[PDB]
Student: 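Sending over a structure with BMS-777607; questions below.
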Amino acid sequence: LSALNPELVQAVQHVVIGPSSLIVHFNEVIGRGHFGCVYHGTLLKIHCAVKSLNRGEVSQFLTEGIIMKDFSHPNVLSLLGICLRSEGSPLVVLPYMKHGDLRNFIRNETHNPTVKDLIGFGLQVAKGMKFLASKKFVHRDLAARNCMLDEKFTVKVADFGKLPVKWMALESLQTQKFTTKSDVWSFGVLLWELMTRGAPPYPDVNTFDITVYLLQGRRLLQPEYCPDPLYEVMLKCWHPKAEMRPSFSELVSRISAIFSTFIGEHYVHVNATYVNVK
Ligand SMILES: CCOc1ccn(-c2ccc(F)cc2)c(=O)c1C(=O)Nc1ccc(Oc2ccnc(N)c2Cl)c(F)c1
């Protein structure tokens, strides 16, 4: 529309994908959810994922896209480009992730992860977060459902895009303010999700009052296959004082030590009480 904002229109220019150099297979759907949608696509012939807005809002869309342009790290999802379709909503083009999101992947009964594999995934998320934190970028919705998994089993932190209260730090639930320290709280929950193989956090608890629940003096239970030292790390991520939580560099350090101790002998099986739980 150009009448959007010169500055943004120019920034989107250096990453523009000519509508003729990308084919969208609207027939082959991938994502599809509240607001936007995801489709398979070909780029010139690289396989890709094409995010669209099903819909001011277009501006936030393009804006969220431009920020991704500086995300260059093996553990952070990259942007191929943004295609300005002269027929509909602009599109965001992403590399194809053969294994989809991390939560659905670990939840799969046909998969046979070990303690080591799962800790490894957490290690990769932490590396991605460490990069993001160094760029002063606050995620706000860090969870296993927002982490992608490619063909080499490399984890990419992302955001599919009504608060995810169950991953939110105490101060954020109380204030609505987000920081890197509240991302650490979310990361601890992400660790729990991995070790439980994608179980829903606080099954019994209502979204409307996780705050009251947490203030009673509670935290998530140690999953059955979670090593003590990793649980000790989870509890640190959930420190009541935000400044007392470890940084992502510390987490990378600590988790990488725990990970090195395993050899791939301990298989992780789903909990019977968590099965089919929504
Ligand atoms: C308009 C802004 O869009 C953003 C903006 C910022 N970040 C962002 C936020 C924080 C970070 F640390 C890094 C990136 C994003 O991740 C996205 C996004 O669209 N992500 C997204 C994710 C999965 C998708 O689905 C795929 C994709 C590939 N392969 C498969 N199989 C599937 Cl299922 C998908 F299509 C789109």
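Throughout, residue positions are numbered sequentially from 1 according to the sequence presented. First listed ligand is number 1; within each ligand, the first listed atom is number 1. Method of determination (from the header): X-ray crystallography, 2.5 Å. Only heavy atoms go into these numbers, but all of them, side chains included; no hydrogens, no water, no symmetry mates.
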Student: Quick check: main partner chain of BMS-777607 by heavy-atom contacts, named as in the PDB entry?
Tutor: hepatocyte growth factor receptor
Student: Which residues would you count as binding BMS-777607, with heavy atoms within 4.0 Å?
Tutor: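 Non-hydrogen contacts come from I30, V38, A49, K51, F61, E64, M68, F71, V76, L77, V92, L94, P95, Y96, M97, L132, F137, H139, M148, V157, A158, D159, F160.
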Student: Which UniProt active-site residue of chain A has the minimal heavy-atom contact distance to BMS-777607, and what is that distance to one Å?
Tutor: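 Of the UniProt active-site residues, the closest to BMS-777607 by heavy atoms is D141, 8 Å.
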Student: Within a distance under 4.0 Å of any heavy atom of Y96, pick out the atoms of BMS-777607 and give their elements.
Tutor: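 Counting from 1, the qualifying ligand atoms are 29 (N), 31 (N).
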Student: Look up the source organism of chain A in the entry and report it.
Tutor: Homo sapiens
Student: Hmm, which UniProt domain of chain A ends up with most residues touching BMS-777607, do you think?
Tutor: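 According to UniProt, mainly Protein kinase.
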Student: Which of the numbered atoms in BMS-777607 are under 4.0 angstrom from any heavy atom belonging to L94?
Tutor: 34 (C), 35 (F), 36 (C)
Student: Would you check the N or O atoms of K51, main chain and side chain alike, for any that come under 3.5 Å of an N or O of BMS-777607?
Tutor: yes
Student: With heavy atoms of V76 as the reference, note each atom of BMS-777607 found under 4.0 Å away.
Tutor: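 Near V76, meaning under 4.0 Å from one of its heavy atoms, BMS-777607 has 12 (F), 13 (C).
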Student: Which BMS-777607 atoms does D159 reach within 4.0 Å, using its non-hydrogen atoms?
Tutor: 8 (C), 9 (C), 15 (C), 16 (O), 17 (C), 18 (C), 20 (N)
Student: Hey, which atoms in BMS-777607 end up nearer than 4.0 Å to a heavy atom of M148?
Tutor: 23 (C), 26 (C), 30 (C), 32 (C), 33 (Cl)
Student: What atoms of BMS-777607 come within less than 4.0 Å of a heavy atom belonging to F137?
Tutor: 10 (C)
Student: If the cut-off is 4.0 Å to any non-hydrogen atom of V92, which atoms of BMS-777607 fall inside it?
Tutor: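 With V92 as reference, the close atoms of BMS-777607 come out as 1 (C).
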Student: Short list, please: which atoms of BMS-777607 are under 4.0 Å from a heavy atom of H139?
Tutor: 10 (C), 12 (F)
Student: Should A158 be counted as touching BMS-777607, given the test is an N or O pair under 3.5 Å?
Tutor: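 Between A158 and BMS-777607, no N or O pair is found under 3.5 Å apart.
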